[PDB]
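Residue numbers start at 1 and run along the sequence shown. Atoms considered below: every heavy atom in the structure, side chains included; atoms not considered: hydrogens, waters and symmetry mates. Ligands are counted one by one from 1 in listed order, and the atoms in each one are counted from 1 as well.
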Amino acid sequence: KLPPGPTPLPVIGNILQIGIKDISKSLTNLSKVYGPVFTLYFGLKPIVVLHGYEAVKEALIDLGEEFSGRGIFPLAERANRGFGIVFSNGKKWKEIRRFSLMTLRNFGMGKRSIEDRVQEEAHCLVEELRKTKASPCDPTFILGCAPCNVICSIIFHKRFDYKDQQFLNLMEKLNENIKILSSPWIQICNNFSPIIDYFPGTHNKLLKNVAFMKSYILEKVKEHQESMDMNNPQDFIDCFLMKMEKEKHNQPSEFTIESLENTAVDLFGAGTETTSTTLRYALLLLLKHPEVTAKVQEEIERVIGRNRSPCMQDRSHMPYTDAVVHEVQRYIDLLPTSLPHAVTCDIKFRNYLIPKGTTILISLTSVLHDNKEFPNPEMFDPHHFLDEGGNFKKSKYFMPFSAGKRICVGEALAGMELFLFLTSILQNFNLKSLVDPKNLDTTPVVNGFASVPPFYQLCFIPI
Ligand code: HEM
Ligand SMILES: CCCCc1nc(Cl)c(CO)n1Cc1ccc(-c2ccccc2-c2nn[nH]n2)cc1
Ligand SMILES: CCCCc1nc(Cl)c(CO)n1Cc1ccc(-c2ccccc2-c2nn[nH]n2)cc1
Ligand SMILES: [K+]
């Protein structure tokens with residue numbers, strides 16, 4: 001017997017019982033009557049919901065191999081998304097993910113470290129912010145460019161100028177697609193139609209945008225094919241190609257030019273928007289709490305000077321800064337239900353039989369906003385990650401990147417972008433609101449399965 005739940009209506013299951021505006025809050029309300037493990041029917045499709053640390057840990061960590069499937073909805077097929085890492089399953093996922101973790105290690109692709117690629121980008125970000133000449137600024141475009149250029153330097157071994165036309169084109173297609181993918185019509189309502197696609201023009205537009213990106217990625221693998229130094233892989237493409245060489249006597253291989261294009265598209269997708277949004281949010285929270293910004297700056301000035309770039313080594317000597325970055329991710333909760341999981345086999349889970357391929361929804365909100373681990377969890381307070389002495393207090397409830405076998409591939413890279421972009425910004429600038437700080441609102445704006453910050457402007461005032 002599946003876990004207990006609200007009795008489904010015929011055909012529509014429990015769809016009339018969930019506010020699709022704020023799915024996270026509905027899931028939380030259902031946990032107060034059905035407890036931490038409960039079943040919802042998305043039109044005869046059973047979804048099991050895990051709410052709370054204990055259930056999420058039990059599934060994602062204790063039974064990690066069983067809860068490592070990606071949940072599949074019609075959008076996976078309509079947008080052709082199951083051929084990289086994010087939406088792939090089985091052998092294809094296991095192999096592309098294991099290759100991807102190895103290649104994304106700090107020194108995973110040659111002498112030039114990931115850290116060096118981000119440090120370079122952090123310098124360019126600081127230069128673009130100077131060019132705003134301390135005038136009112138929606139930082140959305142600029143903060144979106146930085147993480148996107150890090151992905152570019154990781155994949156193609158060289159970053160673009162922010163004014164370069166091929167870059168603005170890629171950036172434009174990525175943003176359109178992310179904005180389309182974020183509509184409840186595309187991510188929820190059209191998924192209720194298992195066979196008929198009610199938005200065929202939208203899916204076409206998504207697939208044209210991907211094609212454009214895939215075409216640029218192919219132009220570059222050609223350029224990498226001719227200038228190939230075995231004994232010197234520079235980037236994700238060099239490492240992927242020479243993985244293909246080692247796979248030449250073992251076809252059919254999960255490593256092909258097709259799976260490189262699709263993997264690259266996933267890294268652009270996964271690695272841009274969430275980092276971008278987290279940065280934009282961090283600046284809003286620093287605007288709203290200027291004392292916090294001032295203590296970060298004190299750590300910056302004391303531990304780092306004004307004569308050198310920040311570097312990751314500084315983070316262990318900057319507990320307050322580390323607490324702030326950790327409290328930004330915890331407070332804003334950008335992926336309140338992560339991405340859906342699926343069980344990879346039949347599994348007994350607290351005396352509930354969950355059949356192979358049943359969709360699992362993880363409430364990361366329920367962990368990040370635990371009111372016992374983080375007292376007053378709806379408040380931004382760096383003290384949630386500090387002890388009485390001022391040292392960094394780690395939390396097992398810190399899961400903005402999810403947990404277990406599907407944990408975000410970019411966990412380490414995101415951690416570096418956030419630490420280095422934010423320390424580089426505050427080492428070179430003070431932040432000025434156009435509205436009085438006490439007025440600005442910082443509560444997440446939820447639209448289905450994602451949180452975004454409110455609109456805001458600020459001035460980057462050189463130090
Ligand atoms: C603050 C930034 C980020 C956050 C909060 C974040 C969070 C997440 C979460 C919650 C997942 C879903 C894990 C699950 O399936 O349960 C995910 C997946 C993933 N993230 Fe990130 N992510 C971020 C940045 C990045 C970056 C920079 C990359 C760059 C490589 C990346 C690559 C991926 C990939 C490939 C997956 C799919 C992993 C898989 O299905 O096996 N992410 N991320
Ligand atoms: C029919 C194949 C055309 C695909 C396509 N490529 C691009 Cl580029 C455009 C720009 O609109 N488009 C067309 C397009 C037309 C309507 C939508 C749309 C916008 C808002 C609400 C619903 C739709 C929709 N999609 N399918 N039917 N209606 C999206 C893309
Ligand atoms: C020019 C191409 C732009 C990016 C994009 N458009 C399409 Cl369509 C794909 C296939 O999913 N992609 C790649 C894609 C891969 C993973 C995601 C994903 C990663 C982590 C957390 C949430 C997202 C997500 N999925 N859907 N919307 N946002 C988003 C986009
Ligand atoms: K149409």
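Bound to ligand 3 with the largest number of contacts is the chain that the PDB entry calls Cytochrome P450 2C9.
The drug assigned to ligand 3 in the PDB is losartan. Of all atoms in losartan (ligand 3), numbered sequentially from 1 with element shown, those under 4.0 Å from a heavy atom of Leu206 are 8 (Cl).
The shortest separation from a heavy atom of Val210 to losartan (ligand 3) is under 4.0 Å, placing the residue in contact.
Checking distances under 4.0 Å from losartan (ligand 3) turns up no other ligands or ions. Selection from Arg78, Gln187, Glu273, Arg81 by nearest heavy atom to atom 29 (C) of losartan (ligand 3) gives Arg81.
Considering both main-chain and side-chain atoms, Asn80 never comes within under 3.5 Å of losartan (ligand 3) through any nitrogen or oxygen pair.
The residue-level binding site of losartan (ligand 3) (heavy-atom cut-off 4.0 Å) is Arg81, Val86, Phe87, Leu174, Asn177, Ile178, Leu181, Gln187, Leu206, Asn209, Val210, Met213, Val265, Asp266, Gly269, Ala270, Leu339.
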